[PDB]
Each structure stands twice: as structure tokens, then as C-alpha cells.
Amino acid sequence: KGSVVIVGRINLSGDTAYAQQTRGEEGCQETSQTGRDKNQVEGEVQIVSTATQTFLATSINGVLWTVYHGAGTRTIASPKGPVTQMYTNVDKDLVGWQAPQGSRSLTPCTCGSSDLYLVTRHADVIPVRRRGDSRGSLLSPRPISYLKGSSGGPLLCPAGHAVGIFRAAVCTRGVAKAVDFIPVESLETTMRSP
Ligand SMILES: C=C[C@@H]1C[C@]1(NC(=O)[C@@H]1C[C@@H](Oc2ncc(OC)c3ccc(Cl)cc23)CN1C(=O)[C@@H](NC(=O)OC(C)(C)C)C(C)(C)C)C(=O)NS(=O)(=O)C1CC1
Ligand SMILES: [Zn+2]
């Protein structure tokens, strides 16, 4: 198992949502085997990779969360060496490490908002109608190809709180009609329990 490596970040703190790439696909492999990543971290959302796949990770409650079908059991690279996971729920498809220094956590939502926004690896923010605990409809249906590489990113309410973590797409003939996410309350349950 190599280490998960941060190769970029998305910021959600300004008047503008943007991505910024931090590591080429050559420093990634090196960082991955040694698990030592000296690069400074910033942002609420990290763009991360394993050997051939890239996806997202989201900071909430001082934990950097992502999807299990992404990270696996893997450590994540840090300035001090490889970081072992603090939380791992396979049934939930959930992984988390302690948030790296410089990673600002999103606050978990308490609004009850039904209007949501998905953040893509492209710092695109996409309108979503919450239809259940862990589902939301896309106002604009997008092709599946469009959403690939964005799992582990946040679903946000209109006040920019975290409602949950994008996990799977509900897809019909190559089109994404809706999204399934891990509710932010399941993250909190995961945090409280041995
Ligand atoms: C289009 C972009 C979507 C968000 C995306 N995620 C996916 O591809 C997910 C992965 C897999 O689901 C799950 N795996 C493991 C689990 O635990 C170990 C799960 C435990 C509970 C549940 Cl919910 C799902 C789980 C299948 N899947 C689908 O989305 C599938 N959809 C799906 O399963 O939808 C339903 C849930 C509605 C059936 C399908 C392939 C058919 C779209 C992604 O981008 N990943 S990635 O490319 O970044 C690269 C790894 C990081
Ligand atoms: Zn909210």
C-alpha cells in the first residue's frame, strides 16, 4: 500500500470557489512510497491521488474525510511521514485521517436546507435538491463522466456548511440523475464510537 497523496486543494472560504494544483504526477509517486509530503496544505477540500486514480477529501470537525473505495486502508502522506487512518467504516464507504496542518474544517450543517450544492474536483458547484437522508437530485443532469474524480468532496447548504460527503452517483444510461452522499451525522456517529 502506497500513501494517498495530496496533489491539490479547493478553497471554499472566499467569494470565489477555486482549485489549485500543488503536485505533478512525478512528485506524486515519490511522495506516495515514502509517505513524506513536505508541501504546505491549505483549503477545506484536498484533491488526492493513489497510483492511478484521483478523487477528493473533505475536512470536517478536524478530520480529513474521504471515501473508502478511494483511499482503501491507505495511510496519507504528511510532513512527518505516513498517517494511519483514525476512522474506517467500509459499510459507509468512509475513511478519515486527522486533518493536516493548514486544512480548514467545514462546519457541519444544522439548517435543514433542502437546497444543496456539490463541489467537484473542478471547484464547480452544482445545485442539488435533497430528496432524502443520503440522496439529492441534480437540477441539471450531467453525464457520469463529468462527476468522476469528485467523490470525497462536500455537499454544501446555501450557507456553505457541510451536509455530507459525495459517495456515489445515481445514474441512468451514462447520465447522473442524482447523487448519494454520506450524511454529516454519520461522520459524527463515526467520531463518537469505538
Ligand atoms: C460518478 C462519480 C461517482 C462518485 C464516484 N463514486 C463511485 O463511482 C461509486 C463507488 C462505488 O460505490 C461504493 N463503493 C464502495 C462502498 O463501500 C466500500 C460503497 C458503500 C455504499 C454506497 Cl452507496 C456506495 C459504495 C460505486 N459508485 C458509483 O457511483 C456507482 N453508482 C452507485 O452505486 O449508485 C447507487 C448507490 C445509487 C447504486 C456507479 C459506478 C454505478 C455510478 C467517484 O467519483 N469515485 S471516483 O471516480 O472518484 C474514484 C474512487 C475514487
Ligand atoms: Zn447549513
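In what follows, residues are counted from 1 in the order of the sequence shown. The analysis underlying the following values was restricted to heavy atoms, covering all of them including side chains, and did not include hydrogens, waters or symmetry mates. Going by what the header records, the deposited coordinates were determined by X-ray crystallography, 2.2 Å. Every number for a ligand or one of its atoms is a count from 1 in the order of the listing.
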Margin query: I can't remember which of ritonavir, avilamycin, asunaprevir, indinavir, selatogrel is at ligand 1. Can you help?
Written below: asunaprevir
Note to self: Hey, which chain has the most contacts with asunaprevir here? Just the name the PDB entry gives it.
What the structure shows: HCV NS3 1a Protease
Notebook entry, point to check: What is the residue list for the binding site of asunaprevir, using non-hydrogen contacts under 4.0 Å?
Noted result: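 Using heavy atoms under 4.0 Å, it comprises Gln53, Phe55, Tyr68, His69, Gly70, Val90, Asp91, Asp93, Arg135, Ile144, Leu147, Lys148, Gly149, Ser150, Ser151, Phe166, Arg167, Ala168, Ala169, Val170, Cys171, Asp180.
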Note to self: What protein heavy atom lies closest to atom 27 (N) of asunaprevir? Include the residue and the distance to one decimal.
What the structure shows: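 Among all protein heavy atoms, the one nearest atom 27 (N) of asunaprevir is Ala168 CB, 4.0 Å.
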Notebook entry, point to check: Looking at the neighbours of asunaprevir, which other ligands or ions sit under 4.0 Å away?
Noted result: none
Note to self: Just to confirm my output: which protein heavy-atom neighbour is closest to atom 14 (N) of asunaprevir, and how far is it?
What the structure shows: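 So the nearest neighbour among protein heavy atoms is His69 CB, 3.7 Å.
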Margin query: Mind checking the PDB entry for the source organism of chain A?
Written below: Hepatitis C virus
Check: For atom 2 (C) of asunaprevir, which protein heavy atom lies nearest, and how many Å away is it?
Finding: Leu147 O, 3.5 Å
Margin query: Looking only at protein heavy atoms, which one is nearest to atom 6 (N) of asunaprevir, and what is the separation?
Written below: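 Looking only at protein heavy atoms, the one closest to atom 6 (N) of asunaprevir is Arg167 O, 3.0 Å.
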Margin query: To check your reading of the model: name the closest protein heavy atom to atom 20 (C) of asunaprevir, its residue, and the distance in Å.
Written below: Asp93 CB, 3.5 Å
Next item on the list: For atom 29 (O) of asunaprevir, find the nearest protein heavy atom and state the residue, atom name and distance (0.1 Å precision).
Entry: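 For this ligand atom, the closest protein heavy atom is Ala169 N, 3.0 Å.
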Notebook entry, point to check: Taking N or O atoms only and a 3.5 Å limit, does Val90 qualify as a polar contact for asunaprevir?
Noted result: yes
Next item on the list: Tell me which protein heavy atom sits closest to atom 47 (O) of asunaprevir, plus the residue, atom name and distance to 0.1 Å.
Entry: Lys148 CE, 3.1 Å
Next item on the list: State the atoms of asunaprevir, each with its element, that fall below the 4.0 Å cut-off from a heavy-atom position in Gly149.
Entry: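 Per the distance check, 44 (O), 46 (S), 47 (O), 48 (O).
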Check: Between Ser151 and asunaprevir, does any nitrogen or oxygen pair lie at a separation below 3.5 Å?
Finding: yes
Check: Would you say asunaprevir has an N or O under 3.5 Å from any N or O of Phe55?
Finding: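 In fact, backbone or side chain, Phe55 has no N or O that close.
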